[PDB]
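The following structure: Taxol with Tubulin beta-2B chain.
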Amino acid sequence: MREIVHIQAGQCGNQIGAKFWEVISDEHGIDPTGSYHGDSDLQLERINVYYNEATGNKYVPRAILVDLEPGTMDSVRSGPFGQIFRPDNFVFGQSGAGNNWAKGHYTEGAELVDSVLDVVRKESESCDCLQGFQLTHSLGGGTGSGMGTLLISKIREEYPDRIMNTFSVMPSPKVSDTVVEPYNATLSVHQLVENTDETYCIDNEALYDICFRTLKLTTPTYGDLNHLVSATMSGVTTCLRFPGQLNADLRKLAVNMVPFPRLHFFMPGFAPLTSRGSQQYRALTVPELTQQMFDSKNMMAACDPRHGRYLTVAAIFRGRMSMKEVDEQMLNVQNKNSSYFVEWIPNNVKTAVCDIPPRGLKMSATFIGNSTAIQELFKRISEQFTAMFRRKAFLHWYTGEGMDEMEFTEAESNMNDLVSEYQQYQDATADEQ
Amino acid sequence: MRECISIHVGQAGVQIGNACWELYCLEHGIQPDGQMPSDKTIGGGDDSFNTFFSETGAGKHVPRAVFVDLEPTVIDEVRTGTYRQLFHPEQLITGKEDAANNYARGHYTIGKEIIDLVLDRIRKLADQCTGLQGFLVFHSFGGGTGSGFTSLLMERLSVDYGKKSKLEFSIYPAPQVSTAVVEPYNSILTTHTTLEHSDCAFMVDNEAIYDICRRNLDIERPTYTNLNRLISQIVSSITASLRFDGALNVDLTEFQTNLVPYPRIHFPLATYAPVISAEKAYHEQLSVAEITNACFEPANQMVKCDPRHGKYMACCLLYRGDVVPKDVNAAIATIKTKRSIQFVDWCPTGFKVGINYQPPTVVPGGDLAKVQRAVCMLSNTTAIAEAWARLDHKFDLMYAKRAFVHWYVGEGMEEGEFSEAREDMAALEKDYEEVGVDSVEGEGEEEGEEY
Amino acid sequence: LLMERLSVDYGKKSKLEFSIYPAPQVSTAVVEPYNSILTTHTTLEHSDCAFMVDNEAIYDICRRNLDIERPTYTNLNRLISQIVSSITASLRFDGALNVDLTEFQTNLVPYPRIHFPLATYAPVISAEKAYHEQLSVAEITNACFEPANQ
Amino acid sequence: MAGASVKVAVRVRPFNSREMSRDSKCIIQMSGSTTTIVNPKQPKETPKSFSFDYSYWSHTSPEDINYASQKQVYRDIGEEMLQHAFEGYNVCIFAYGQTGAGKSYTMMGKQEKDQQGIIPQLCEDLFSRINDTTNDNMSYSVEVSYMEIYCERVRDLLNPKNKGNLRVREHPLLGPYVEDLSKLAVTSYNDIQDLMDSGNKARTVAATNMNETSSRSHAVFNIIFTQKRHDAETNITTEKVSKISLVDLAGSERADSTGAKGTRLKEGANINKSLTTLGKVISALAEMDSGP
Ligand SMILES: CC(=O)O[C@H]1C(=O)[C@@]2(C)[C@H]([C@H](OC(=O)c3ccccc3)[C@]3(O)C[C@H](OC(=O)[C@H](O)[C@@H](NC(=O)c4ccccc4)c4ccccc4)C(C)=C1C3(C)C)[C@]1(OC(C)=O)CO[C@@H]1C[C@@H]2O
Ligand SMILES: Nc1nc2c(ncn2[C@@H]2O[C@H](COP(=O)(O)OP(=O)(O)OP(=O)(O)O)[C@@H](O)[C@H]2O)c(=O)[nH]1
Ligand SMILES: Nc1ncnc2c1ncn2[C@@H]1O[C@H](COP(=O)(O)OP(=O)(O)NP(=O)(O)O)[C@@H](O)[C@H]1O
Ligand SMILES: Nc1nc2c(ncn2[C@@H]2O[C@H](COP(=O)(O)OP(=O)(O)O)[C@@H](O)[C@H]2O)c(=O)[nH]1
Ligand SMILES: [Mg+2]
């Protein structure tokens with residue numbers, strides 16, 4: 001029994017968590033009231049991964065919602081899936097951080113962290129055999145970045161053998177909805193590099209690009225982006241819940257994807273995408289899934305994988321398919337694009353197959369890539385961060401909450417080392433000198 | 001609970017408060033008598049938003065406002081107007097003379113004996129709030145009361161509460177048109193206190209509003225009511241983030257964290273893009289890109305200064321109505337590629353975005369057309385220094401001969417304050433000059449693995 | 001671990017293996033070689049006779065002989081099951097010449113450390129192609145030595 | 001910068017009381033710079049063999065030929081490294097071994113103070129050389145600190161307070177360091193002995209099948225060394241500063257040897273991770289030295 005505890009902090013994390021729970025509830029046939037009205041038998045076989053059982057055959061998820069302003073909690077409660085959650089898990093304060101990292105991690109969050117940790121311990125002790133945690137949040141904001149990093153630190157200190165994940169929305173190159181974003185992104189990445197086993201990098205720009213170009217939507221909204229991210233999140237942990245011909249837990253993905261401890265920043269992806277009104281033209285087969293999956297324009301990280309090399313790749317398929325087709329297609333992808341795969345790993349494509357595909361898709365697949373191109377994101381942040389730190393743009397708001405300038409420098413150094421470490425395994429030969 | 005306290009000092013302050021409270025009662029469906037029939041008909045709701053209004057047991061709603069002025073006439077008007085029953089009868093009006101366009105009279109001589117009552121009533125209002133956000137102070141530079149009394153108030157509130165944000169809306173003397181002879185003195189004097197004690201002072205000129213009204217609204221004879229209505233619309237746009245749901249909400253702390261680089265630079269400009277008459281409301285799309293572009297134009301600026309002569313340090317955009325994020329994204333991308341808009345090299349990001357679902361309302365008897373989309377821009381830039389520099393010259397021309405100085409000294413002030421003041425205004429301009437310069441060269445870029 | 005404990009406890013009884021070795025080209029894991037190399041010690045010391053098979057070879061056999069272009073693990077497992085049944089058939093049913101499990105070891109391993117033989121099954125043929133052919137003894141014996149059928 | 005000249009040495013100790021009591025046999029044999037070892041259970045195939053830059057035979061105590069005397073190993077390592085330290089550059093000693101092999105011995109020496117390990121010879125030459133060299137126109141300063149690494153957490157030994165975790169940091173110019181790490185000055189080697197004993201009493205130790213007392217954590221004993229010059233001028237300046245790091249590594253661990261569960265396996269896992277990282281960096285430094 002592999003139980004996952006789900007946490008979500010900040011406006012972005014709360015919205016994504018709401019959409020994710022709506023999706024998973026559809027997958028397992030749970031009504032908004034909490035009762036079960038499904039059709040197949042396998043849906044209840046592993047419901048205990050995400051849900052707890054109440055008295056009258058009613059199920060309640062393991063969500064824990066955190067914020068420092070009551071607006072988003074009120075929005076989520078007054079919603080289609082408001083009443084499914086447990087009331088005692090809605091932890092919140094007032095007078096939120098306000099895009100200020102110091103308020104979130106050193107001043108305001110220090111009061112709410114004890115209550116949040118108490119609820120987390122209560123929920124965790126009741127599980128049969130906890131596997132890992134989750135956390136949805138955004139790095140460009142105060143409450144999200146600050147409280148999320150603090151929670152990650154404390155939980156990692158308390159439970160050191162379980163698997164910590166996180167789905168983080170990085171700042172975008174061009175589209176910007178805050179001005180003090182680089183400070184929050186840097187002072188945070190500094191903690192995520194230390195206290196996490198896997199991080200999946202999401203960016204608004206890539207998701208907007210997918211919606212505008214692939215799905216052909218004329219008016220994308222945040223619901224769609226949450227949809228995409230939620231589809232990926234559901235796809236990642238499929239093998240814990242349903243049977244298959246080759247299983248892969250979170251820990252197997254962790255072992256196979258990460259060569260060294262500090263290189264765990266992944267580019268996620270999902271296929272297929274017919275954009276509607278074009279399903280009749282596209283024939284759905286395993287080669288088509290593999291073709292769309294590796295395309296540079298399908299990624300949600302806003303990094304071009306052609307500018308680097310793939311350290312490792314993982315593909316989780318969901319459906320009824322032949323194993324020979326999967327193995328041959330992965331071999332062909334490796335051979336035809338040999339320039340973009342590192343040479344000192346003889347084979348760097350993990351594969352898994354599950355038997356139960358999604359609601360209305362004969363077949364589906366999800367992608368977890370690990371390549372050096374992700375370094376560009378960090379580099380871009382540094383190229384902004386120093387530009388604001390040489391002349392101390394907005395620093396007094398941070399030092400007013402008790403944070404010595406040294407903390408800022410101790411970080412720009414850490415991220416710069418991360419970029420350098422990735423840059424080492426990037427050149428496509430190493431000899432002579 | 002997101003509450004905030006409104007203060008109105010001086011004649012300009014109380015007329016702006018009149019327009020403001022008219023607008024807010026219209027937004028919340030509250031009758032001028034204080035009753036709300038919407039809840040009675042529906043049977044219950046959150047329409048009695050606790051931000052501006054406190055709800056009593058009988059169902060009446062009283063505003064979280066404190067009017068103050070030394071002239072009984074301007075508030076005897078509202079004690080016998082339409083909204084006579086909306087306000088609590090304790091209004092804190094002095095039955096004496098006025099500052100008479102004298103900072104010294106309003107600060108030292110007559111400012112006492114009325115200060116105490118104002119702090120007790122502000123204390124009583126503050127005690128009723130749970131998680132107060134801050135103060136919105138309305139007043140006008142140049143007036144004796146609105147300068148001196150506002151300075152004394154600002155000092156006492158800073159001493160007492162301290163950590164609460166205290167925003168300010170003010171009316172600056174225009175370059176050319178003026179209504180008094182001693183405006184520069186009272187300005188140069190209250191700048192010293194508005195620099196230290198305020199946290200973010202919004203700045204508005206009358207001539208800019210006259211030009212905006214003449215050009216866009218096609219009103220050839222505007223009066224103070226239209227100006228107050230525009231200012232009220234701006235304040236509504238600022239505060240709507242913590243009254244209605246939205247996709248991206250912007251609280252009052254985010255304002256200051258995102259718009260104030262250094263502690264002494266907190267003087268942004270304000271603009272409202274879709275200002276247009278009902279007749280011209282047709283024949284136009286009023287898409288998001290159009291209003292976003294119209295915000296940046298020099299003509300629509302609400303203070304008589306050219307943005308093209310400075311550099312933008314920060315921008316806050318606050319949208320209302322049918323707005324989706326992708327249109328704002330595209331508009332920002334389009335603005336960033338224009339060369340006439342220069343951003344400083346130490347702010348690569350530049351922008352803050354906030355979206356609200358509640359569209360703007362239309363006041364009966366007004367002039368603004370009903371629109372589906374609206375936006376308010378708050379830009380922190382270096383051009384503002386020019387608007388200061390002009391006034392200073394006049395004060396020096398007034399000071400070199402020591403004209404009209406015996407009136408100020410007779411009320412209890414000394415000459416060195418006039419002197420000390422000029423120095424303070426003199427520096428602030430220096431700081432605004434330094435922040436606008438580009439980075440030097442970095443002082444680096446050395447060789448390395450040359451082997 | 002299990003083979004170690006069984007070798008300690010029982011000792012003299014035979015122990016045979018049927019294992020899936022990694023394929024030269026295709027694989028479903030990146031850390032396979034470490035596991036295989038670490039396993040080879042216990043495969044060597046404790047087991048008495050180990051047979052090895054490869055998924056790639058069985059895929060090729062299925063494609064060429066049975067004309068299944070998209071096989072799955074079920075077909076491979078069925079083939080391995082046939083192999084094991086032919087191994088153990090001599091213990092169950094009557095025959096002219098019977099071979100016990102110990103006879104395999106006595107006749108097949110020269111020295112203790114070289115007990116790694118390959119296995120093959122000759123008449124793998126589809127129902128449609130079951131006709132047009134005699135499938136005599138000589139034909140199947142010849143097919144067993146074909147390098148393509150390994 | 002200087003070439004990463006790493007010196008690899010190995011040393012064999014004699015028998016202990018328990019080994020002498022049993023009918024044990026010696027298996028390490030040395031020749032030149034090569035050492036070979038055999039299997040008692042597999043005496044047919046071959047001995048295994050290794051080569052190191054230094055092989056030291058302190059097996060036979062009364063032996064006169066090719067005996068690795070403590071003064072000999074000190075001349076090999078400590079004298080040259082103290083000479084390097086006095087040039088103003090940093091020095092690091094790593095002591096490794098498993099309970100019995102004989103680590104402490106090489107680091108400290110016997111209790112009768114007749115045959116001295118690396119620490120007393122180094123410290124006494126440092127103190128004595130200075131005491132018999134300092135003049136009016138120079139000043140010397142020496143300080144000592146002592147910390148331990150346990151489960152990737154830094155703990156202080158000299159300070160007797162409640163053993164809370166400390167927080168590593170990174171001063172931009174001076175590099176990594178630890179906050180609130182007690183630092184004390186010393187005058188002679190008796191002071192260092194007192195501080196070293198006091199700190200060693202505070203180290204975490206647990207019992208296992210191999211030994212009743214086994215190191216569960218690494219230790220670092222840092223000696224801060226500063227030289228100041230008084231030239232014939234009003235400008236008095238520090239010539240340079242150097243650090244000597246004497247480091248005790250916990251032995252490699254295997255559940256095939258420590259069968260304890262719970263915290264004991266976790267400590268062993270963290271120890272093995274740290275050892276692997278240390279070997280990874282050390283080999284890379286030697287490669288860096290070798291290439292150009
Ligand atoms: C062919 C058909 O029947 O219609 C499809 C469809 O046209 C496509 C375009 C769907 C459609 O998705 C979108 O339009 C979309 C919009 C914004 C963001 C993301 C997707 C679909 O909505 C999505 C929907 O997918 C599902 O129902 C899956 O089970 C999916 N779950 C959800 O979408 C879901 C959302 C909220 C609540 C509950 C479920 C899923 C996939 C993997 C793992 C878990 C769940 C399906 C089949 C389709 C429509 C309806 C058009 C796609 O989405 C998924 C996840 O299947 C977009 O890319 C795929 C490819 C499909 O062909
Ligand atoms: N925009 C706008 N400005 C106003 C309004 N009423 C007054 N003012 C400004 O206020 C200035 C006069 O100073 P006041 O603020 O009225 O000073 P006061 O309130 O009369 O206080 P005393 O001078 O002591 O009597 C004029 O120059 C106007 O520009 C108004 O209704 N709208
Ligand atoms: N080369 C040597 N010559 C003589 N005696 C030695 C030698 N090496 C060790 N000894 C002694 O023999 C014993 C072995 O050292 P010991 O204190 O058991 O070290 P250890 O337990 O191997 N240290 P560690 O590896 O950190 O756990 C001690 O009494 C030493 O003084
Ligand atoms: N993908 C996604 N991103 C969002 C959403 N809402 C906000 N964001 C991003 O989050 C950033 C602001 O983070 P915010 O939610 O305010 O952080 P918080 O205040 O600590 O909760 C913006 O730059 C947005 O790009 C959403 O619904 N989906
Ligand atoms: Mg007046």
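A, B, ... follow the sequence lines: proteins, then strands. Residue 1 opens every chain. The basis for the numbers below is simple: all heavy atoms, side chains too, and nothing from hydrogens, waters or symmetry mates. Ligands are counted one by one from 1 in listed order, and the atoms in each one are counted from 1 as well. Partial entry shown, contacts counted within.
Counting every copy, the structure places Taxol at ligand 1. Lab note: other chains with heavy atoms under 4.0 Å from Taxol (ligand 1) -> A.
The residues lying within 4.0 Å of Taxol (ligand 1), counted on heavy atoms, are A:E22, A:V23, A:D26, A:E27, A:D224, A:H227, A:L228, A:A231, A:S234, A:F270, A:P272, A:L273, A:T274, A:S275, A:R276, A:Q279, A:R318, A:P358, A:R359, A:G360, A:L361.
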